[PDB]
**Q** 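Below: one structure in structure tokens.
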Amino acid sequence: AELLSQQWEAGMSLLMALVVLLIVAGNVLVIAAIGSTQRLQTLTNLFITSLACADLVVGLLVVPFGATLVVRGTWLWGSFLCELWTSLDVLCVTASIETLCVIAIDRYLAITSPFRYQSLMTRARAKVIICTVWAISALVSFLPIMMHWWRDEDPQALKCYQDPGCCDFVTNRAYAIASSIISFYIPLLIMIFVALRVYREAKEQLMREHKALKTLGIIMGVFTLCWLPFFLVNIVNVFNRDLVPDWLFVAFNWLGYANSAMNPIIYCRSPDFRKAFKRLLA
Ligand SMILES: CC(C)(Cc1c[nH]c2ccccc12)NC[C@H](O)COc1ccccc1C#N
């Protein structure tokens, strides 16, 4: 049994270290590629940078802390770090779906109203948009957690709050529903609605302007596939606590984490990223 534990720890630790490396390496490349290639320095890629930072924070902070919990079965970092960790987790997935939502609107307005778009949409303004996305994401994610709005009345929950080794996100039903709707479900619907409109307006309307759009359609689709299972379960868990097994919930949350390693791979469809990747890996 002690050998089974010693194998499981060292085994998992490496899988986790591989995941961390794939996320951090992949996204640092994307930030560097854009940051040092003036062919890639478009307004749209400013939003891709923002998105890569969100995925970077997942790789440097969210998954590391999450790994120590999955390896060692308990939280080792004190109740304050548990809260700050959870806040960063919630923050990143919120900022990601909001930025993807901006990207869809960006592409739409650029397609349907190209004269008015290109005369209004500036670098200064894309930065303002990006900050506003992060400001809103911070507001919706950080505050309710620090205010303990998520916490429930149950004695078993109360037991977990006092124990600085418990870092389970046992949330009340109101928070579970509200935070899911505000952080995920609303921006997801807006994104899908706008993305379908773009897909329609693309056919009605030029190889390089397209294909890049398809790429953006992929990242949005993949994100949805990685996160929808988690948020669906999260809502089901409110109506009946026992239907979904613990492992399936934890697994789906890890699928969502995994999404942070996927974009840099998907960007390799764009040859200019591919060339910038090859140059940087000197
Ligand atoms: C914080 C938690 C539950 C990870 C976690 C932390 N401790 C746990 C113990 C057992 C299972 C999972 C966990 N997962 C957060 C997910 O990344 C998604 O988080 C969210 C993002 C926006 C709105 C609501 C949620 C939630 N819940």
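The residue numbers of chain A are those assigned by the PDB entry, with the residues present covering 33-237, 282-358 sequentially. Whatever order the structure lists ligands and atoms in, that order sets their numbers, starting from 1.
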**Q** I'm curious which macromolecule has the most heavy-atom contacts with ligand 1 - what does UniProt call it?
**A**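 Its main partner is Beta-1 adrenergic receptor.
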**Q** Any chance you know which drug is at ligand 1?
**A**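 That's bucindolol.
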**Q** Please list the transmembrane segments of chain A, N terminus first per UniProt, with a heavy atom under 4.0 Å from bucindolol (ligand 1).
**A**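 Short answer, by UniProt and heavy atoms: 3, 5, 6, 7.
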**Q** Which residues, listed by UniProt as cyanopindolol-binding in chain A, lie less than 4.0 Å from bucindolol (ligand 1) by heavy-atom distance?
**A**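 A heavy atom under 4.0 Å occurs in these UniProt residues: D121, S211, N329.
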**Q** Binding site of bucindolol (ligand 1): which residues fall under 4.0 Å, heavy atoms only?
**A**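 The site of bucindolol (ligand 1), heavy atoms only, is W117, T118, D121, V122, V125, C199, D200, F201, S211, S215, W303, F306, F307, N310, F325, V326, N329, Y333.
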